[PDB]
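In this PDB entry you will find estradiol.
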Amino acid sequence: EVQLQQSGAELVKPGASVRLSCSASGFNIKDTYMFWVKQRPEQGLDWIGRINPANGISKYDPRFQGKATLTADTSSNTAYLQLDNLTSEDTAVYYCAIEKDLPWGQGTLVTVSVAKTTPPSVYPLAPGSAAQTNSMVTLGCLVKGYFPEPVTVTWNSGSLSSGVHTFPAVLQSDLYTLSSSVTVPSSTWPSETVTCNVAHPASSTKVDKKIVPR
Amino acid sequence: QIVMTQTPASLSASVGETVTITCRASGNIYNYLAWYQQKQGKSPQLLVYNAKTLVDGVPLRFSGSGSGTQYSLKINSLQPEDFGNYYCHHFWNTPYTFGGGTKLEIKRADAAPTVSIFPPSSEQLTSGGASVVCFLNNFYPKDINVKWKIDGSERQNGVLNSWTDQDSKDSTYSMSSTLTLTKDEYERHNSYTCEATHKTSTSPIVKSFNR
Ligand SMILES: C[C@]12CC[C@@H]3c4ccc(O)cc4CC[C@H]3[C@@H]1CC[C@@H]2O
(Lines of atoms letter the chains of each structure in order from A and count residues from 1; the text may use other names and numbers.)
(Lines give C-alpha, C1' and ligand atoms only; values in the text may rest on other atoms or scores of the structure.)
Protein backbone atom coordinates (compact mmCIF):
# COMPACT_ATOMS: atom_id res chain seq x y z
CA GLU A 1 0.00 0.00 0.00
CA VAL A 2 1.07 3.63 -0.60
CA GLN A 3 1.94 4.99 2.87
CA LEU A 4 4.64 6.60 5.03
CA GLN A 5 6.05 5.32 8.33
CA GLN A 6 8.02 7.65 10.55
CA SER A 7 10.65 6.66 13.11
CA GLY A 8 10.00 5.73 16.72
CA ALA A 9 9.64 8.38 19.40
CA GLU A 10 12.89 9.53 20.99
CA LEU A 11 14.05 11.06 24.24
CA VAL A 12 16.94 13.53 23.78
CA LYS A 13 18.95 15.66 26.21
CA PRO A 14 19.06 19.36 25.34
CA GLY A 15 21.78 20.30 22.87
CA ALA A 16 21.95 17.05 20.92
CA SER A 17 20.69 16.30 17.39
CA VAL A 18 18.13 13.88 15.94
CA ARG A 19 17.80 12.28 12.54
CA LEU A 20 14.17 11.36 11.93
CA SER A 21 13.46 8.79 9.23
CA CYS A 22 10.20 8.91 7.27
CA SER A 23 9.96 5.79 5.08
CA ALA A 24 7.50 5.89 2.18
CA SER A 25 6.12 2.59 0.87
CA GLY A 26 4.26 1.82 -2.33
CA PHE A 27 5.70 4.70 -4.39
CA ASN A 28 8.91 6.62 -5.12
CA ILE A 29 9.97 9.88 -3.50
CA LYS A 30 12.13 10.92 -6.49
CA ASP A 31 8.85 12.02 -8.03
CA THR A 32 7.24 13.64 -4.98
CA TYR A 33 7.80 16.89 -3.10
CA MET A 34 8.12 16.06 0.58
CA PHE A 35 7.86 18.43 3.54
CA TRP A 36 7.63 18.38 7.32
CA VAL A 37 5.40 19.91 9.99
CA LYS A 38 5.97 20.77 13.64
CA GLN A 39 3.38 20.78 16.41
CA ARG A 40 4.11 21.78 19.98
CA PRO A 41 2.11 20.23 22.85
CA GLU A 42 -1.40 21.69 22.57
CA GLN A 43 -0.16 24.21 19.95
CA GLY A 44 -0.48 24.79 16.19
CA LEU A 45 0.96 23.45 12.93
CA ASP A 46 4.32 24.92 11.88
CA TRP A 47 5.71 24.39 8.37
CA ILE A 48 9.37 23.41 8.69
CA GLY A 49 10.44 23.05 5.11
CA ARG A 50 10.09 21.33 1.76
CA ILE A 51 12.31 19.12 -0.33
CA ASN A 52 12.58 17.50 -3.73
CA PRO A 53 14.47 14.18 -3.18
CA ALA A 54 15.64 13.90 -6.81
CA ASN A 55 18.13 16.80 -6.73
CA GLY A 56 17.97 17.63 -3.03
CA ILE A 57 17.14 21.35 -3.03
CA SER A 58 15.26 22.14 0.18
CA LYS A 59 13.53 25.38 1.17
CA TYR A 60 13.01 26.23 4.86
CA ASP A 61 11.12 28.72 7.02
CA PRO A 62 13.78 31.15 8.34
CA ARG A 63 12.72 30.20 11.86
CA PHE A 64 13.98 26.63 11.43
CA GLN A 65 16.86 27.31 9.01
CA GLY A 66 19.37 27.20 11.85
CA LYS A 67 18.37 23.74 13.11
CA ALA A 68 16.27 21.89 10.57
CA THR A 69 17.75 19.99 7.67
CA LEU A 70 15.61 18.14 5.17
CA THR A 71 17.65 15.46 3.43
CA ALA A 72 16.35 12.67 1.20
CA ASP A 73 17.93 9.67 -0.52
CA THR A 74 16.20 7.85 -3.36
CA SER A 75 18.06 4.57 -2.80
CA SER A 76 15.53 3.64 -0.12
CA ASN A 77 12.94 6.43 -0.31
CA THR A 78 13.67 7.24 3.33
CA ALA A 79 13.28 10.99 3.89
CA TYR A 80 15.17 12.42 6.85
CA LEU A 81 14.94 15.47 9.12
CA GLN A 82 17.96 16.41 11.18
CA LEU A 83 17.37 18.61 14.19
CA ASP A 84 20.47 20.33 15.57
CA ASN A 85 21.00 21.81 19.05
CA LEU A 86 17.74 20.67 20.58
CA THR A 87 16.02 22.83 23.17
CA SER A 88 12.76 22.40 25.10
CA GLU A 89 11.07 24.64 22.53
CA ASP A 90 11.54 21.72 20.15
CA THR A 91 9.76 19.05 22.18
CA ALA A 92 6.96 18.39 19.71
CA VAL A 93 5.28 16.04 17.24
CA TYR A 94 6.99 16.18 13.83
CA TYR A 95 5.03 14.98 10.80
CA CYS A 96 6.17 13.78 7.40
CA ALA A 97 3.98 14.39 4.39
CA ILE A 98 4.01 14.55 0.61
CA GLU A 99 2.55 17.34 -1.52
CA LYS A 100 -0.29 15.18 -2.82
CA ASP A 101 -3.52 13.47 -1.70
CA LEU A 102 -1.63 11.08 0.57
CA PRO A 103 -2.12 11.03 4.37
CA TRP A 104 0.80 12.23 6.49
CA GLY A 105 2.96 10.11 8.71
CA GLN A 106 1.90 9.05 12.18
CA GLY A 107 4.26 11.73 13.43
CA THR A 108 7.39 11.16 15.48
CA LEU A 109 7.40 12.57 18.99
CA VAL A 110 10.69 14.16 19.93
CA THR A 111 10.75 14.72 23.67
CA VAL A 112 13.71 17.00 24.43
CA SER A 113 14.46 16.68 28.16
CA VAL A 114 16.90 15.69 30.91
CA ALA A 115 14.50 13.39 32.76
CA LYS A 116 15.63 9.77 32.82
CA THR A 117 13.07 7.28 31.53
CA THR A 118 10.87 5.78 34.23
CA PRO A 119 8.21 2.98 34.12
CA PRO A 120 4.60 3.68 35.27
CA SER A 121 3.19 2.08 38.38
CA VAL A 122 -0.37 1.13 37.47
CA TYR A 123 -2.88 1.10 40.32
CA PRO A 124 -6.31 -0.55 40.02
CA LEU A 125 -9.26 1.64 40.90
CA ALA A 126 -12.05 -0.40 42.43
CA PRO A 127 -14.93 1.08 44.51
CA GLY A 128 -14.53 1.47 48.27
CA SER A 129 -17.64 -0.66 48.88
CA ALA A 130 -20.81 1.12 47.69
CA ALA A 131 -24.04 -0.49 46.37
CA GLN A 132 -22.46 -1.24 43.00
CA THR A 133 -25.48 -3.24 41.88
CA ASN A 134 -27.13 -0.49 39.83
CA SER A 135 -27.30 -1.29 36.09
CA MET A 136 -23.61 -0.61 35.41
CA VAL A 137 -20.49 0.02 37.49
CA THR A 138 -17.42 2.12 36.82
CA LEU A 139 -13.90 0.99 37.70
CA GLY A 140 -10.57 2.50 36.71
CA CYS A 141 -6.80 2.33 36.39
CA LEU A 142 -4.56 5.11 37.68
CA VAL A 143 -1.14 4.99 36.05
CA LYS A 144 1.31 7.40 37.66
CA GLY A 145 4.95 8.35 38.13
CA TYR A 146 6.20 7.67 34.62
CA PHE A 147 8.15 9.43 31.89
CA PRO A 148 8.22 9.92 28.95
CA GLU A 149 5.09 10.01 26.80
CA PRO A 150 3.42 7.94 25.47
CA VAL A 151 1.84 4.90 27.09
CA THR A 152 -0.99 2.56 26.19
CA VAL A 153 -3.94 1.74 28.42
CA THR A 154 -6.42 -0.83 27.24
CA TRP A 155 -9.13 -2.88 28.98
CA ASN A 156 -9.10 -6.66 28.75
CA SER A 157 -6.68 -6.45 25.82
CA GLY A 158 -8.97 -4.51 23.50
CA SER A 159 -12.06 -6.50 24.44
CA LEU A 160 -13.41 -3.58 26.41
CA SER A 161 -13.88 -0.75 23.94
CA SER A 162 -17.18 0.96 24.83
CA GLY A 163 -17.23 3.11 27.94
CA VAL A 164 -13.49 3.44 28.32
CA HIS A 165 -12.09 6.87 29.12
CA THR A 166 -8.38 7.67 29.15
CA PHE A 167 -7.34 11.13 30.32
CA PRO A 168 -4.39 13.07 28.79
CA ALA A 169 -1.66 12.59 31.40
CA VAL A 170 -0.44 15.59 33.37
CA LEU A 171 3.19 16.53 34.03
CA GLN A 172 4.43 17.10 37.59
CA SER A 173 8.02 17.37 38.84
CA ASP A 174 8.88 15.80 35.47
CA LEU A 175 6.68 12.74 35.99
CA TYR A 176 3.26 12.04 34.49
CA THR A 177 -0.02 10.68 35.79
CA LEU A 178 -2.81 9.32 33.58
CA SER A 179 -6.01 7.39 34.30
CA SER A 180 -8.73 5.37 32.62
CA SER A 181 -12.21 4.26 33.59
CA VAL A 182 -14.60 1.59 32.33
CA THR A 183 -18.35 1.26 32.77
CA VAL A 184 -19.28 -2.43 32.78
CA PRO A 185 -22.75 -3.72 33.70
CA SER A 186 -23.26 -4.81 37.34
CA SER A 187 -23.39 -8.26 35.78
CA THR A 188 -19.83 -8.63 34.36
CA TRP A 189 -18.53 -7.29 37.65
CA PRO A 190 -17.27 -9.07 39.50
CA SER A 191 -18.59 -12.35 38.08
CA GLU A 192 -16.43 -11.81 34.97
CA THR A 193 -12.83 -10.63 34.94
CA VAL A 194 -11.75 -7.12 33.98
CA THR A 195 -8.22 -5.74 34.17
CA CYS A 196 -6.46 -2.88 32.45
CA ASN A 197 -3.23 -3.42 30.50
CA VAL A 198 -0.81 -0.51 30.27
CA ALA A 199 2.26 -0.59 28.01
CA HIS A 200 5.24 1.76 28.28
CA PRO A 201 7.59 1.21 25.30
CA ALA A 202 10.32 3.59 26.50
CA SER A 203 11.05 1.23 29.41
CA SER A 204 10.07 -1.99 27.62
CA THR A 205 7.63 -2.41 30.49
CA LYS A 206 4.10 -3.74 30.10
CA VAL A 207 1.83 -4.46 33.07
CA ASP A 208 -1.40 -6.17 34.08
CA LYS A 209 -2.96 -5.20 37.39
CA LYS A 210 -6.17 -7.12 38.10
CA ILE A 211 -9.25 -5.13 39.08
CA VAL A 212 -10.44 -7.05 42.13
CA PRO A 213 -12.79 -5.77 44.91
CA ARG A 214 -11.40 -4.48 48.20
CA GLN B 1 5.97 36.14 3.21
CA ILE B 2 2.20 35.50 3.09
CA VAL B 3 0.91 35.28 6.65
CA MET B 4 -2.33 33.47 7.36
CA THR B 5 -4.82 34.78 9.88
CA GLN B 6 -7.69 32.40 10.52
CA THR B 7 -10.88 33.10 12.50
CA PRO B 8 -12.76 32.29 14.75
CA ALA B 9 -10.20 31.20 17.34
CA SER B 10 -12.79 29.04 19.16
CA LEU B 11 -16.27 27.97 18.10
CA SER B 12 -19.39 26.06 19.18
CA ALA B 13 -22.45 25.02 17.22
CA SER B 14 -25.03 22.27 17.43
CA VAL B 15 -25.66 19.20 15.34
CA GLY B 16 -27.28 20.09 12.03
CA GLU B 17 -25.84 23.62 12.01
CA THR B 18 -24.18 25.07 8.91
CA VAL B 19 -20.92 26.80 9.89
CA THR B 20 -18.23 28.89 8.23
CA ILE B 21 -14.58 28.92 9.26
CA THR B 22 -12.45 31.58 7.59
CA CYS B 23 -8.79 32.08 6.72
CA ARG B 24 -7.59 35.44 5.43
CA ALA B 25 -4.19 35.78 3.75
CA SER B 26 -2.05 38.90 4.02
CA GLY B 27 -1.14 38.61 0.34
CA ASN B 28 -3.05 37.18 -2.63
CA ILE B 29 -2.45 33.41 -2.59
CA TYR B 30 -4.17 32.80 -5.95
CA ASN B 31 -6.33 29.93 -4.65
CA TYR B 32 -3.30 28.05 -3.33
CA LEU B 33 -4.84 26.99 -0.01
CA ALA B 34 -5.84 23.81 1.79
CA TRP B 35 -8.02 23.06 4.83
CA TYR B 36 -7.12 20.40 7.40
CA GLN B 37 -9.12 18.85 10.22
CA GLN B 38 -7.06 17.60 13.15
CA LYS B 39 -8.96 15.50 15.63
CA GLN B 40 -7.14 15.11 18.94
CA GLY B 41 -4.02 12.95 18.98
CA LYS B 42 -4.47 12.16 15.30
CA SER B 43 -2.70 13.46 12.19
CA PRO B 44 -4.09 16.31 10.05
CA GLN B 45 -6.64 15.20 7.51
CA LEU B 46 -6.76 16.91 4.14
CA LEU B 47 -10.26 18.05 3.38
CA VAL B 48 -9.89 20.63 0.65
CA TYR B 49 -6.98 21.70 -1.53
CA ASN B 50 -6.65 24.02 -4.55
CA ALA B 51 -9.26 26.21 -2.86
CA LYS B 52 -12.47 24.31 -3.58
CA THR B 53 -11.34 20.77 -4.46
CA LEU B 54 -12.44 18.21 -1.88
CA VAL B 55 -10.48 15.00 -1.25
CA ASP B 56 -12.01 11.64 -2.14
CA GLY B 57 -13.91 10.12 0.76
CA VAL B 58 -14.56 13.49 2.39
CA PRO B 59 -18.34 13.86 3.09
CA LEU B 60 -20.22 16.23 0.78
CA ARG B 61 -21.17 18.36 3.78
CA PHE B 62 -17.69 19.95 3.87
CA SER B 63 -17.61 22.81 1.38
CA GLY B 64 -14.62 24.97 0.54
CA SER B 65 -14.64 28.50 -0.87
CA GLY B 66 -12.63 31.69 -1.11
CA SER B 67 -10.93 34.14 -3.47
CA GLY B 68 -7.94 36.47 -3.43
CA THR B 69 -7.09 36.75 0.26
CA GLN B 70 -10.35 35.60 1.88
CA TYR B 71 -11.03 31.88 1.95
CA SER B 72 -13.85 30.10 3.77
CA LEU B 73 -14.73 26.54 4.79
CA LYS B 74 -18.44 25.84 5.18
CA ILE B 75 -19.52 22.71 7.04
CA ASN B 76 -23.22 22.41 6.20
CA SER B 77 -25.43 20.24 8.42
CA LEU B 78 -22.82 19.81 11.18
CA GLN B 79 -22.41 16.25 12.49
CA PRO B 80 -21.03 15.03 15.88
CA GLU B 81 -17.83 13.70 14.32
CA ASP B 82 -17.00 17.13 12.90
CA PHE B 83 -15.53 18.37 16.18
CA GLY B 84 -11.87 19.33 16.50
CA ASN B 85 -9.31 21.76 15.12
CA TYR B 86 -9.22 23.17 11.60
CA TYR B 87 -6.27 24.80 9.90
CA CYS B 88 -5.66 26.42 6.53
CA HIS B 89 -2.49 25.79 4.55
CA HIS B 90 -1.11 28.34 2.12
CA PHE B 91 1.21 27.17 -0.63
CA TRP B 92 1.34 29.97 -3.19
CA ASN B 93 5.01 30.27 -2.31
CA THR B 94 7.44 29.57 0.50
CA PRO B 95 7.20 29.31 3.31
CA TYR B 96 3.93 27.35 3.23
CA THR B 97 2.57 28.99 6.39
CA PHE B 98 -0.33 27.50 8.36
CA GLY B 99 -3.25 29.29 9.99
CA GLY B 100 -3.91 29.77 13.70
CA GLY B 101 -6.42 26.95 13.91
CA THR B 102 -10.09 26.99 14.88
CA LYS B 103 -11.42 25.11 17.91
CA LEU B 104 -14.75 23.35 17.45
CA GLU B 105 -17.04 22.17 20.24
CA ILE B 106 -20.41 20.63 19.55
CA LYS B 107 -23.51 22.15 21.10
CA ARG B 108 -25.50 19.44 22.79
CA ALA B 109 -28.27 19.38 25.39
CA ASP B 110 -26.75 19.63 28.89
CA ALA B 111 -26.04 16.35 30.75
CA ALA B 112 -25.05 15.78 34.36
CA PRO B 113 -21.78 14.28 35.65
CA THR B 114 -22.08 10.64 36.69
CA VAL B 115 -19.77 10.97 39.70
CA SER B 116 -17.80 8.04 41.17
CA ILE B 117 -15.29 8.04 44.02
CA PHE B 118 -12.52 5.49 44.55
CA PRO B 119 -10.39 5.46 47.65
CA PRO B 120 -6.63 4.84 47.19
CA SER B 121 -5.54 1.50 45.75
CA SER B 122 -4.83 -1.28 48.24
CA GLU B 123 -1.23 -1.51 47.05
CA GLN B 124 -0.30 2.14 46.54
CA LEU B 125 -0.72 2.59 50.31
CA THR B 126 2.70 1.07 51.03
CA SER B 127 4.62 3.51 48.81
CA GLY B 128 3.70 6.29 51.23
CA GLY B 129 1.14 8.10 49.13
CA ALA B 130 -2.61 7.86 48.52
CA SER B 131 -4.50 9.24 45.55
CA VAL B 132 -8.28 9.41 46.08
CA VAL B 133 -9.82 9.51 42.63
CA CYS B 134 -13.19 10.74 41.52
CA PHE B 135 -14.44 10.16 37.99
CA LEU B 136 -17.18 12.44 36.70
CA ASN B 137 -18.18 10.86 33.42
CA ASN B 138 -20.46 11.97 30.60
CA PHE B 139 -21.52 15.57 31.33
CA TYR B 140 -21.90 18.87 29.45
CA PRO B 141 -21.15 21.77 29.22
CA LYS B 142 -17.47 21.42 30.14
CA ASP B 143 -18.13 24.28 32.56
CA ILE B 144 -18.04 22.46 35.91
CA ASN B 145 -16.30 22.55 39.29
CA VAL B 146 -15.64 19.81 41.82
CA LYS B 147 -14.43 20.33 45.35
CA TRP B 148 -12.62 18.12 47.81
CA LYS B 149 -14.07 18.06 51.31
CA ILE B 150 -11.38 16.24 53.26
CA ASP B 151 -13.42 15.33 56.36
CA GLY B 152 -15.26 18.50 57.25
CA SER B 153 -13.04 21.28 55.98
CA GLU B 154 -12.35 22.00 52.29
CA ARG B 155 -9.29 20.84 50.35
CA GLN B 156 -7.71 22.10 47.16
CA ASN B 157 -4.12 21.23 47.95
CA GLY B 158 -2.62 18.81 45.40
CA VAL B 159 -5.37 18.04 42.89
CA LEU B 160 -4.97 17.03 39.21
CA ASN B 161 -7.93 17.52 36.90
CA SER B 162 -8.04 16.39 33.31
CA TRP B 163 -10.80 16.51 30.74
CA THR B 164 -11.19 14.22 27.74
CA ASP B 165 -12.23 15.63 24.39
CA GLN B 166 -15.80 15.49 23.08
CA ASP B 167 -17.11 11.96 22.58
CA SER B 168 -17.60 10.73 19.02
CA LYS B 169 -21.35 10.36 19.57
CA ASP B 170 -22.77 11.90 22.74
CA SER B 171 -20.51 14.95 22.48
CA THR B 172 -20.06 14.74 26.28
CA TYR B 173 -16.89 15.29 28.32
CA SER B 174 -15.38 13.60 31.40
CA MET B 175 -13.06 14.70 34.18
CA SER B 176 -10.52 12.91 36.33
CA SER B 177 -10.08 14.72 39.62
CA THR B 178 -7.27 13.32 41.70
CA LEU B 179 -6.39 14.44 45.21
CA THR B 180 -2.92 13.06 45.86
CA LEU B 181 -2.21 12.77 49.59
CA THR B 182 0.48 10.94 51.54
CA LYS B 183 -0.09 7.68 53.47
CA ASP B 184 -0.30 9.39 56.86
CA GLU B 185 -2.49 12.30 55.72
CA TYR B 186 -4.90 9.73 54.31
CA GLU B 187 -4.64 7.60 57.45
CA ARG B 188 -5.64 10.54 59.63
CA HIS B 189 -8.98 11.38 58.00
CA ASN B 190 -12.22 9.55 57.12
CA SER B 191 -15.09 10.97 55.02
CA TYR B 192 -13.23 12.12 51.92
CA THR B 193 -15.60 13.89 49.53
CA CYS B 194 -15.98 14.78 45.85
CA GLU B 195 -18.66 17.48 45.49
CA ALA B 196 -19.52 18.28 41.89
CA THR B 197 -21.30 21.56 41.31
CA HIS B 198 -22.55 21.49 37.70
CA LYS B 199 -24.85 23.75 35.70
CA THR B 200 -27.73 21.24 35.74
CA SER B 201 -28.61 20.97 39.44
CA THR B 202 -28.59 23.60 42.16
CA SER B 203 -28.22 20.67 44.52
CA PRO B 204 -24.59 19.52 43.95
CA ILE B 205 -23.81 15.95 42.92
CA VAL B 206 -22.10 14.39 45.91
CA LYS B 207 -20.34 11.05 46.15
CA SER B 208 -18.02 10.15 49.01
CA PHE B 209 -16.59 7.31 51.04
CA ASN B 210 -15.95 7.11 54.77
CA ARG B 211 -13.04 4.68 55.11
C1 LIG C 1 0.54 19.07 0.57
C2 LIG C 1 -0.47 20.22 0.23
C3 LIG C 1 -1.90 19.67 0.11
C4 LIG C 1 -2.06 18.82 -1.15
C5 LIG C 1 -1.71 19.55 -2.48
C6 LIG C 1 -1.90 18.64 -3.71
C7 LIG C 1 -2.88 17.60 -3.72
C8 LIG C 1 -3.06 16.76 -4.84
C9 LIG C 1 -2.26 16.94 -5.98
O10 LIG C 1 -2.45 16.10 -7.06
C11 LIG C 1 -1.26 17.96 -6.01
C12 LIG C 1 -1.07 18.82 -4.89
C13 LIG C 1 0.00 19.91 -4.95
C14 LIG C 1 0.13 20.79 -3.67
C15 LIG C 1 -0.24 20.05 -2.37
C16 LIG C 1 -0.12 20.99 -1.11
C17 LIG C 1 1.21 21.63 -0.70
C18 LIG C 1 0.84 22.28 0.69
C19 LIG C 1 -0.28 21.35 1.27
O20 LIG C 1 0.11 20.88 2.58
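Naming convention: chains lettered A, B, ... in sequence-line order (proteins, then strands); numbering from 1 in each chain. Counting convention: from 1, in listed order, for ligands and their atoms alike. The basis for the numbers below is simple: all heavy atoms, side chains too, and nothing from hydrogens, waters or symmetry mates.
The chain in largest contact with estradiol bears the name, in the PDB entry, of monoclonal anti-estradiol 17E12E5 immunoglobulin gamma-1 chain. Using a 4.0 Å cut-off on heavy atoms, the other chains next to estradiol are A, B. Binding site of estradiol, heavy atoms within 4.0 Å: A:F35, A:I98, A:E99, A:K100, A:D101, B:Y36, B:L46, B:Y49, B:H89, B:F91, B:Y96. Checking the PDB entry shows the name of chain B to be monoclonal anti-estradiol 17E12E5 immunoglobulin kappa chain.
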